[PDB]
Asker: 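Lab note: structure loaded, ligand of interest is lapatinib.
Residue indices begin at 1 and follow the sequence shown. Method on record in the header is electron microscopy, 3.3 Å. Side chains included, hydrogens not; waters and symmetry mates left out as well; all remaining heavy atoms used. Order of appearance sets the numbers: ligands from 1, and atoms from 1 within every ligand.
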Amino acid sequence: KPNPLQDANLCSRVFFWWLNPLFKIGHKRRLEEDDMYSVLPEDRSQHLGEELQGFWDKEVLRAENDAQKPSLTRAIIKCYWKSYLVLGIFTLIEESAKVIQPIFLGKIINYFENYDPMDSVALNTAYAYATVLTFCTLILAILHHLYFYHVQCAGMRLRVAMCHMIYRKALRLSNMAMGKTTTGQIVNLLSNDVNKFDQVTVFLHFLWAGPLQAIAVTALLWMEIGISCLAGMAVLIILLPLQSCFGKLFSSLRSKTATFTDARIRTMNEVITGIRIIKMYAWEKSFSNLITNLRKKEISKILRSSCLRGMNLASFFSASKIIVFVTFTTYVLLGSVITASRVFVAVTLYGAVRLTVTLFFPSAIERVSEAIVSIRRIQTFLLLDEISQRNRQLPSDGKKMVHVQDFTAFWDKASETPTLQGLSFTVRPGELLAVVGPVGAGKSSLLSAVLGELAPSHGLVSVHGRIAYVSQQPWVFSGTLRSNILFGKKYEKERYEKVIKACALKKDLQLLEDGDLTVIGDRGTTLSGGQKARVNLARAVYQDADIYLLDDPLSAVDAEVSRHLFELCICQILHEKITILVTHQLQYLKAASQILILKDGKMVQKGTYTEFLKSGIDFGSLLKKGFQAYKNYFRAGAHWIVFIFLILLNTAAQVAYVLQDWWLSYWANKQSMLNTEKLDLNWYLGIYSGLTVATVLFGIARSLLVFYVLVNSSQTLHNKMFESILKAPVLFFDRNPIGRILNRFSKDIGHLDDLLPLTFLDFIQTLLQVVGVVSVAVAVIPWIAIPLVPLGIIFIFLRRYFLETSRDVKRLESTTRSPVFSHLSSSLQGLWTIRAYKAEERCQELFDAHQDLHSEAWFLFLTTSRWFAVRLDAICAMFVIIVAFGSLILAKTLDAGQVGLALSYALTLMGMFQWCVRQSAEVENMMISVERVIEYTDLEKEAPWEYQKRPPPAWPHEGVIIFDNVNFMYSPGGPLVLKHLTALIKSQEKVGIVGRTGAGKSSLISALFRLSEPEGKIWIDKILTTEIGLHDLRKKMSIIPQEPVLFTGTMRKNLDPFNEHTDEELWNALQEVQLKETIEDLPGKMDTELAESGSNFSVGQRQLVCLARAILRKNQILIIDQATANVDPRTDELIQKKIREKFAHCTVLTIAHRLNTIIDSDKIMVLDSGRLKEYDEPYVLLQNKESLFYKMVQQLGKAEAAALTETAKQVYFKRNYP
Ligand SMILES: CS(=O)(=O)CCNCc1ccc(-c2ccc3ncnc(Nc4ccc(OCc5cccc(F)c5)c(Cl)c4)c3c2)o1
Ligand SMILES: Nc1ncnc2c1ncn2[C@@H]1O[C@H](COP(=O)(O)OP(=O)(O)OP(=O)(O)O)[C@@H](O)[C@H]1O
Ligand SMILES: Nc1ncnc2c1ncn2[C@@H]1O[C@H](COP(=O)(O)OP(=O)(O)OP(=O)(O)O)[C@@H](O)[C@H]1O
Ligand SMILES: [Mg+2]
Ligand SMILES: [Mg+2]
């Protein structure tokens, strides 16, 4: 894939003529990672990184010699200034041309003021001036794009070199350095700190060419107009602090909103995650109250910030008019006269200097400050401490030997007890050493000292030969399983097959689609813990080392696989290699030649397994311790009459803007046509002031109305969408993930509230200004309407052609960016394993390859943008040339004022055209959020909360339950769960639910709660459930779920969202559940805040709270789940006795994944794959051996089965025969 930029001329490199094949391919089909162009050798990551590293090392050596801190800024300056001279040269030329061209504009107008048809030398001079103007515009329009591309490429090169240097440092941190630093800070500084280097360079040169341009413009204005230019210059200067101060308030009003936004998002997350609970207990009204209040509070600050932004944009719109008006008011009031030559040069000079002073200089200042901060951060990181390089080893005979003597290290220098106390032992090839003792107190520290991971404070460690190390926690790096096993070294088929067979990885390969070539990312999402541990072992074996180190290799795998591995892959293969093993299982100590015991880092006893057996010490004992989108977006804001009024306001603002300059032209013509007599100053100045005031007011009004209307549309959309999602059936929440649901509330509404209206208003502003420029040009010279049609057609086709590939490249440079961060993070996590083997240059090369692959797409991202901009500027320059030459061709009709107005507007079209196109693309891109929000606004809905037939307030008066031909399915058309359930449940009786796992257990509860619409009839108190509203059905029957959830809020809110109970009743419930004492000790009495999901409360406390809530509700029908699985048996007995003694007079159903505690129920419902088999007294079912209940009881055993039978018999005798 050769780079076409390597074989390009200059007339092809200034027009970007080599990108045509790529654009053609992108138009024909979609582009992939094969289609991108490989980078040039001078842009490879290794070269740039090595260059900057050499310069930085020279600088740090010089600073060390000088006894002073180093300077990354000095290093980058000394590396890049000699290549940044040339771009400064060209930007100087460009600024000179920008300042120069209005002088020739003035010369053309000056010719036109004294038109004489008979003269021809004047016509020739005017043609020459027009040609010079065309040359200046072509310089501004064509070469500037190659200059800009090189300016951007310089920053990209700096960033790539920085990334290489940062990772090279990251691969060699020391232990304390890794401890003090964090795995998140490094990726933070590689994702949000080294990305300011793409933007510091683009606006870098405008720190010295800004004031120079302002000085040149002020001198030119003084030369032409006179003292009056200081009024315009003063307004332009005053515009700087005002704009700066209009940002320090927006920052405050934007950081005030984030609190409400985050609170709303967190509450939304709670609602979405615990949706089943809210729907079951009917708390959606309270949750809607909370969410609505938060949304209103946030929208207040959004409205304030939007009004501020609108006022700022109106100021930007009207600043030029204010400057021109005040300048010329002073110019005329000082006793001078107006001629069309000077006014329309002052206008152009003011436009240029105002743009530069308003935008580019503050942008450059901000970007330079941010880049300075980022350089400081990267320098502070780079100055971290590292390990000392492995020095020249002691001269030995080359034998593979392991020895440690008098070792004593310190993980923390401020700690008291050293990690190791005077260890002294050696091991040789063919010997298997083992280490046992406590639950792991200083277990891996021996391996750390052996590998050099621990700094030896005293003693000596002699290790010779290749080493293989297995981490306690297995680590897998992003790539492929084959590449993970290879670890960068060569691949041999026979060796790989032998390792795979000896590692029992055949089944693991079979379970994967690609076998040994499966692509595995971070954290082993496509694998399992045992598989990645086996991967680690396979890596260690395949590395073919001399010394082998193991640490907890078989704790995360099963028994047979672990035994087979430890036998075949160790006792046979490694019998000729040094081995040191740390294990927790004593069954592997039989094959261990040597066994050592360590307690608290102290040498205790070492020897053979037989000797330790004779010693009488037990190791086990020692181990104990489109368009409709736009229509719907606009309609929700306000009616169509406001749309008409907005159109009128836009047109009035633009018309007044243009009419001010037209009035200046009219004044100039009227003054020129004269004779002393004097023009009436009052009339002209009054009309001028009126037009200026109209421009300002209409601009402000248009901005405010657009902002308010779009913000109101966003608010209405959000309210409708939240009310729609709150009523969706649980099938929707089952089909969608929680993150996806919360995304459309966090990011999409985040766009709609604060970015879409501003982008839309800016686009409308610029489009109207372009339309005004073209309209003035057409009105002055009516024949310009002929080529504008070809220009528009060409522009439309060009926009389609470019955007058919720009979006593809924008996604290509984004899907190839994240692997850099992924590799950095993964290599940081597995740093110890990586450094254990001598293979770190391999990881460095892989990282550099990834960085090259990303620069491969960044290059396309730059060059395609330049390719589009070149053609756009060619079109705009063609328009300017047409105007400037037609004005001279048709000179027999026009006059000085008209020509000056047309020419000045044609000159100002520069830059404005491109900004309009870019903003249109941005708006079209951002409308997808509106599309998604509107899509969520029209979701499904469930049955109405309230029905026409309101129930009498005695509906659960007795508690009769009838199931008649009840069939339930979670999804329409899916497999059936219940088949013809027919049963009757009487009042006050306790009914238990039993069955096998997956046999439709937790389905009758959902059928009773009408979570999904059932098939059949269910009668409660001789009333059908489907004839009553859901809020009249779910409200007054209670359920205790598997795991209770506590929502963030007061305890009063948690136990009574509707505030239907008083303080005395709440305290009575708390003391009846024995939680009153536990509650009345917080700083708050009973309104203390709670963490998410009760993070500070125990599971028993959650069940206690649920029981208290049920008692407070006081429902006649109650259904409990298994509740307890691992809770303290004391708490289990407490809740059992409370359930027995509190709900005697209320119907109780008991579903459970449990036993014995469900033995006292009056009747047992037996479910076989959703079929109701047995429904009768437990004793009667136990009497028959063929009954499934008896077999399920016998599945436990014989003593427990006998106890259960006795309990059932006693319950039957006491109940049925009192
Ligand atoms: C009456 S006026 O002086 O305002 C007319 C000219 N400006 C019109 C206008 C309205 C809004 C903007 C605008 C808003 C935001 C922007 N953000 C970035 N860059 C902008 N423009 C810009 C213009 C010229 C530049 O110099 C290089 C150049 C030279 C010739 C042609 C080009 F396309 C570019 C640069 Cl670097 C940026 C901008 C404008 O411009
Ligand atoms: N990754 C680590 N970073 C810093 N200190 C560590 C690390 N691993 C162990 N240590 C320290 O080494 C010493 C060994 O004690 P500890 O019992 O925690 O070791 P271990 O080998 O990780 O334990 P176990 O075998 O139970 O997993 C302690 O002082 C501990 O803080
Ligand atoms: N939300 C659901 N959507 C689709 N199928 C489901 C859903 N919940 C359960 N199932 C399926 O329905 C069958 C039985 O469901 P159920 O949850 O009642 O079984 P269980 O394991 O006996 O009960 P428990 O939830 O008490 O463990 C199983 O095949 C299960 O996979
Ligand atoms: Mg350990
Ligand atoms: Mg289940």
Asker: Report the positions of lapatinib in this structure by ligand number or chain letter.
Answerer: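 The drug sits at ligand 1.
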Asker: I'm curious which chain is the main partner for lapatinib in this model - what does UniProt call it?
Answerer: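 The main binding partner here is ATP-binding cassette sub-family C member 4.
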Asker: For lapatinib, which residues in other chains have any heavy atom nearer than 4.0 Å?
Answerer: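 The heavy-atom binding site is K98, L140, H144, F316, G351, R354, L355, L359, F360, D873, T908, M912, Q914, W915.
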Asker: Which residues overlap between the UniProt ATP-binding set of chain A and the residues with a heavy atom under 4.0 Å from lapatinib?
Answerer: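 UniProt binders with a heavy atom in range: none.
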Asker: With a heavy-atom cut-off of 4.0 Å, which transmembrane segments of chain A (UniProt numbering from the N terminus) are in contact with lapatinib?
Answerer: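 Heavy atom under 4.0 Å in UniProt segments 1, 2, 6, 13.
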